[PDB]
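Summary heading: complex between AT-9010 and RNA-directed RNA polymerase nsp12.
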Amino acid sequence: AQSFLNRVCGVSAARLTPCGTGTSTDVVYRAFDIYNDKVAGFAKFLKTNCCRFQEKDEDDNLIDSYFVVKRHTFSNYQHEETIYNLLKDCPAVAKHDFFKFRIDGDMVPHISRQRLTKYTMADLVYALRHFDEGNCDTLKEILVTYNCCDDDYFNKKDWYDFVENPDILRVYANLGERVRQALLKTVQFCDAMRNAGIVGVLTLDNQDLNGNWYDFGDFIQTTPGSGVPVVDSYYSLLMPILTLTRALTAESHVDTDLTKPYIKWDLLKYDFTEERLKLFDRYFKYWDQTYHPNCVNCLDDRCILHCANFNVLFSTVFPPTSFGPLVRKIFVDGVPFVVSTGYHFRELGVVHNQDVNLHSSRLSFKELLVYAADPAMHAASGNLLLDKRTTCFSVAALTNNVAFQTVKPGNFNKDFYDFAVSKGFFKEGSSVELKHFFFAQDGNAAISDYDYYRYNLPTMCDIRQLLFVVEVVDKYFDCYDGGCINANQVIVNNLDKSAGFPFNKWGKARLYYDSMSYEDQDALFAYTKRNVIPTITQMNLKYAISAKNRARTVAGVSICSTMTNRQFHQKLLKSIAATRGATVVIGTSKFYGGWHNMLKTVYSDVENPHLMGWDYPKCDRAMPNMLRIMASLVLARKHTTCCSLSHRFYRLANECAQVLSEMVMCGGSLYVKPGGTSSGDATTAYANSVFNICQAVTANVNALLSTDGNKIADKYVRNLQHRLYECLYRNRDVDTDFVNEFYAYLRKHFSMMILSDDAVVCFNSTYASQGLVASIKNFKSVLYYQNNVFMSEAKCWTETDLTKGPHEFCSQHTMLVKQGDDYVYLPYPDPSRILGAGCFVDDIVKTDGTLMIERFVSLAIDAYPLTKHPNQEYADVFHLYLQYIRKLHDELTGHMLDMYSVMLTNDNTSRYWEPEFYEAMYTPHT
Amino acid sequence: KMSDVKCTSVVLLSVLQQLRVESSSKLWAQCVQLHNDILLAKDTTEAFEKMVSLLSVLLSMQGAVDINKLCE
Amino acid sequence: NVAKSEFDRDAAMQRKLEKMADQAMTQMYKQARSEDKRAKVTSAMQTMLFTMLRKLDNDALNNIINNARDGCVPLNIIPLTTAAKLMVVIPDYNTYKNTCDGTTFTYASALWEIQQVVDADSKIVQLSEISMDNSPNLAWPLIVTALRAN
Amino acid sequence: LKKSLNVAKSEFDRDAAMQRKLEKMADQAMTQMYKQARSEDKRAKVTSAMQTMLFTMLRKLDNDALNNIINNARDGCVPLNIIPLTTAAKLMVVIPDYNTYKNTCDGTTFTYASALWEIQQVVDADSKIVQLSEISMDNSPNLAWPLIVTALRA
RNA sequence: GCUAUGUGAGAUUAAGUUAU
RNA sequence: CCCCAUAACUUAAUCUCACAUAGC
Ligand SMILES: C[C@@]1(F)[C@H](O)[C@@H](COP(=O)(O)OP(=O)(O)OP(=O)(O)O)O[C@H]1n1cnc2c(=O)[nH]c(N)nc21
Ligand SMILES: [Mg+2]
Ligand SMILES: [Mg+2]
Ligand SMILES: [Mg+2]
Ligand SMILES: [Zn+2]
Ligand SMILES: [Zn+2]
């Protein structure tokens with residue numbers, strides 16, 4: 001009817017075009033943040049009331065202005081009228097119009113909301129948090145409107161990859177001011193509610209993409225001045241979007257206006273605590289949990305995470321030159337040094353060293369080692385550097401020249417290649433071809449590989465979700481014993497590796513382990529628990545075979561860091577490597593039936609098993625700066641007796657300073673690492689494992705919450721979803737009962753082999769089909785908004801049949817073979833990798849095969865399971881290696897008869913070209 | 001044949017590195033880009049072209065004598 | 001028959017103490033070597049620390065630490081404010097056109113009078129050879145060394 | 001009845017085992033000395049060995065472009081820059097005598113590396129751009145014969 | 001009991017080497 | 001200049017345990 005349209009637009013002079021048909025309602029499929037006694041989650045539902053009416057401009061062009069006329073019961077209508085009349089004067093409330101219109105004989109009460117956008121903040125956060133490259137129409141439309149793109153940006157191939165086309169960081173950032181205005185408007189709304197006495201729960205789906213608020217159905221009226229808005233779910237689900245769109249970029253300008261110039265900020269100023277408090281009180285005014293700008297004042301690890309995400313959000317406003325070690329001019333023997341006297345973290349705030357000696361007369365070995373590892377004397381006594389080759393912050397150039405390091409090509413073993421060719425290998429059309437080589441690099445290699453930390457962005461996490469993910473991960477990390485150990489009990493393998501910078505200039509780590517007595521090491525470790533010691537880490541180019549042209553660099557962390565980290569973390573990290581049958585499979589050998597043991601361990605009791613895996617693209621350089629902190633906190637939870645709160649916090653601060661916010665020395669100059677783990681700290685593998693358990697438990701959590709609870713048939717998992725939403729966004733303390741629960745649920749329906757950065761998942765098929773456990777799409781969506789990377793489908797694999805093992809775990813393929821009278825799983829590698837290792841070696845001594853029958857026994861040990869592969873070319877490499885070993889031995893004997901007269905008392909060399917020696921290493925008897 | 005090209009390119013780059021081509025950064029970058037491209041090639045016709053381009057870096061400059069290396 | 005002590009204690013037990021006596025001698029020699037290594041590394045780190053304090057330029061660093069309220073300043077501003085030499089690495093001629101100039105440019109306030117330009121080969125680069133026409137004929141991780149002009 | 005061939009079973013194993021350790025130590029020393037001689041010989045003759053290996057694989061390739069470039073470089077035409085592959089970019093190649101000229105450049109074409117290159121600037125030893133004239137059978141006293149031909153790819 | 005010798009099983013300890 | 005961690009092989013010693021034999 002036309003009269004209904006005329007009644008919808010009353011006093012306001014608006015030209016409306018129906019968005020449906022007639023006076024009937026309009027069905028939309030939008031995301032909702034719902035919490036009832038029947039359903040509770042953040043999923044997409046069908047809303048079937050609401051007669052939408054799009055407004056067209058004077059020139060008959062449709063704009064983003066809709067008049068949603070909700071139809072509901074009379075009681076809700078008259079209650080919402082009263083609440084709106086109480087909240088009429090707020091500038092963040094959508095213009096409501098209440099009228100009754102006769103539809104078919106019954107005057108249905110109508111609640112008309114004027115000039116609100118098509119989508120809400122719930123839709124935006126769902127699109128950016130449940131991203132699917134196929135079904136991304138809502139995100140595409142949101143980008144087309146509120147002009148960010150031109151509807152042609154989506155014609156690009158990888159327009160969302162965050163690695164390919166890194167310009168997706170903008171196009172998103174253009175929504176930052178919209179989100180910031182929404183935050184200001186919700187703060188205004190909360191102020192109005194508190195000053196008017198209405199108590200209610202704020203939800204994202206009740207705020208459009210302009211900041212206006214509506215739906216006052218679930219609002220109760222109390223005494224004026226005593227309103228209690230609930231902003232847990234709203235802010236918590238909004239947190240990950242506050243950093244993708246960079247909402248707090250307007251706060252870097254003079255009057256917080258995007259047109260005005262930037263604020264200058266004193267170069268010397270480093271505190272930034274009052275500014276952080278002002279930002280919190282402006283944007284998160286009604287977040288009832290206490291926020292500490294400096295994490296040193298936190299209670300136990302929970303304000304650490306909670307206030308750390310706020311700090312990482314707020315630190316994007318402050319200049320990047322104020323984050324780093326805080327130096328102070330101390331006087332030793334009357335000579336003024338410049339040494340660190342604290343640290344200013346982007347997450348931990350300002351941390352000050354507790355033991356300071358302004359006036360010193362003599363420096364011991366511990367003090368000399370601490371001062372020599374500090375970057376203060378190196379950066380201060382160095383020329384200023386402006387390195388335009390990278391976007392990372394450049395501090396200083398220690399030396400007056402820039403060092404360019406090139407990678408030498410590998411050496412060619414022509415004898416082995418000729419032997420292989422003589423044995424019918426490397427033929428046109430053969431399934432086994434050389435694909436692993438020693439790729440060489442030019443001078444601009446180390447710096448080019450270092451300039452991949454640009455993929456690491458300041459990521460703000462969902463604390464109301466992360467604070468439960470951490471509990472589930474801690475449950476996964478139970479049955480382990482850890483704590484602090486003395487220098488007597490520290491086990492170090494291969495003492496003389498590097499000793500780190502600047503300690504490379506005087507010797508290896510053996511020198512610093514022998515020069516420092518046990519009491520000296522204990523004193524240094526105790527000093528770490530009360531002070532912050534920043535260290536310099538050197539980047540070194542790897543020299544190893546690979547199938548990709550990408551260069552690889554390894555971070556050589558200073559010995560001053562490794563010595564303390566070992567004493568901190570070798571009580572753990574060794575029970576993890578000595579525990580068999582757990583989720584983490586670090587330390588479990590693949591020989592003597594180990595592969596079969598782990599595979600049957602994770603097959604467990606899943607009802608409808610499939611297999612699933614991933615590779616975490618751009619790891620070690622896209623890891624969020626918060627998830628590494630969470631990892632270090634999880635590994636530090638085995639310290640409730642040995643360490644106090646202050647000691648644990650200072651150890652965490654030391655680890656962040658010398659691992660996370662470390663000063664990377666690439667070439668001959670010092671840079672600043674934006675974040676991410678270090679490849680060579682003390683816990684890279686275990687930190688990666690705990691980070692992998694996270695974002696998988698998170699994937700399960702937000703795949704179980706994003707399911708329509710009304711469509712779930714089972715009454716147990718539905719109640720589990722309800723209680724999970726309760727424990728996430730409505731409960732403050734840890735519910736240990738429901739942490740043991742849902743962990744039993746994961747172990748029953750989601751079994752994992754969590755090795756460092758590598759995982760194999762045996763999950764229930766029918767639960768993933770109904771969206772009750774994590775899947776490939778859910779894991780990809782999780783990585784999109786909590787890793788700043790897009791995980792390609794080609795990097796993932798799945799298996800619908802368990803008679804064939806994982807498609808690829810630890811670069812080893814799995815096949816089911818008959819060993820004796822029982823079927824076992826044997827890991828066989830890529831034959832191209834073994835052939836390339838046999839052909840391309842690192843040095844020229846290794847080209848002489850006679851000098852090394854060894855390393856060929858070792859390559860044949862790993863290549864034995866290929867002999868049972870159905871492919872003949874795959875099976876022939878083992879025989880090739882055995883024949884080459886025999887040839888090497890016989891030509892060594894010939895050389896000994898030519899050079900010498902005496903042969904060799906051998907007869908223990910024949911086992912090395914017989915299949916029995918290598919077969920015995922896969923039979924489970926040793 | 002790729003097995004005979006992707007290996008002789010490695011040998012050529014090793015020889016060039018041995019006779020101090022890394023001193024000239026431009027030449028080293030060009031001859032390392034060619035070597036990496038040969039190692040990732042998929043058609044022998046376009047791999048022999050890059051093999052030719054990787055050669056004539058040793059032959060252009062009279063560092064290594066050539067007449068005696070071909071006595072066979 | 002009763003001469004066991006003549007070869008089981010006069011030739012074996014009298015040799016048993018020699019074994020751990022000798023390993024104790026080796027242990028004390030290795031401990032002396034470790035102490036010497038400790039002394040030499042101590043004297044090396046002390047010399048390093050006492051050597052790179054003379055380069056601190058203790059006339060513009062004392063002027064910025066004293067200006068601090070608590071006495072602490074970020075480390076990342078010490079080179080920006082006190083260093084008398086600037087090294088700029090230029091990957092392409094466009095960067096040189098934008099982020100550099102002729103004999104004088106300006107980075108982090110200041111005024112940096114260029115003293116020399118050098119290439120990846122680290123031999124030399126003349127200031128008149130850096131042009132769009134001559135750019136391809138140059139190795140282009142160019143290092144520009146400039147001095148603060150005051 | 002014992003202690004005649006019986007006592008010489010534990011004392012006979014004494015000197016025999018001692019000889020066994022002596023032989024074992026001698027063999028270990030011999031193999032260590034061998035593993036050194038060979039390793040140091042390898043690392044001494046690296047350049048010549050790598051060059052010979054390279055030029056053996058080059059003939060085992062049995063190509064045409066490589067077999068033309070190397071044949072020219074034996075006793076004549078060698079390039080001055082990296083051979084370009086795109087249809088653009090120039091290639092300068094010395095021509096050290098008349099025969100190398102006539103084997104390669106015949107007239108506006110250049111052969112070389114299994115392609116045919118069109119010549120652009122036949123500059124002499126010093127710099128005199130020689131027009132295609134005295135480079136004929138008539139006594140060519142074209143300066144020092146290195147007639148660097150600059151040539152573009154067709 | 002007493003040394004003497006070999007034996008195998010480890011375990012321990014470094015060194016070399018591969019794989020992840 | 002050349003990282004952390006795990007597994008495996010190979011060599012070489014050691015502390016023995018245990019077994020066996022011989023002499024006393
Ligand atoms: C680089 C890492 F820190 C990553 O945390 C993780 C896997 O990272 P990775 O390299 O497999 O993945 P990558 O980022 O390349 O992924 P793509 O680019 O292919 O997408 O183990 C580490 N790691 C890998 N090799 C080494 C090594 O030798 N030494 C040490 N100490 N650590 C290593
Ligand atoms: Mg609503
Ligand atoms: Mg409602
Ligand atoms: Mg990876
Ligand atoms: Zn706190
Ligand atoms: Zn502790």
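Below, read A as the first sequence line, B as the second, and so on, with proteins coming before strands; counting in each chain starts at 1. Only heavy atoms go into these numbers, but all of them, side chains included; no hydrogens, no water, no symmetry mates. First listed ligand is number 1; within each ligand, the first listed atom is number 1.
The structure holds AT-9010 at ligand 1. Contact chains for AT-9010 (heavy atom under 4.0 Å, other chains only): A, F. Counting heavy atoms under 4.0 Å, the binding site of AT-9010 comprises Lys542(A), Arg550(A), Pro617(A), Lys618(A), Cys619(A), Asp620(A), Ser679(A), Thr684(A), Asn688(A), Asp757(A), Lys795(A), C3(F), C4(F). Most residues contacting AT-9010 in chain A map to the UniProt domain Nsp12 RNA-dependent RNA polymerase. Counting only non-hydrogen atoms, no residue of chain A annotated by UniProt as Zn(2+)-binding lies closer than 4.0 Å to AT-9010. Closer than 4.0 Å to AT-9010 lie these other ligands and ions: ligand 4 (magnesium ion).
Heavy-atom distances show that, of the Mn(2+)-binding residues UniProt gives for chain A, none lies under 4.0 Å from AT-9010. The deposit credits the origin of chain A to Severe acute respiratory syndrome coronavirus 2. Closest UniProt active-site residue of chain A to AT-9010, with heavy-atom distance to 1 Å: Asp757(A), 3 Å.
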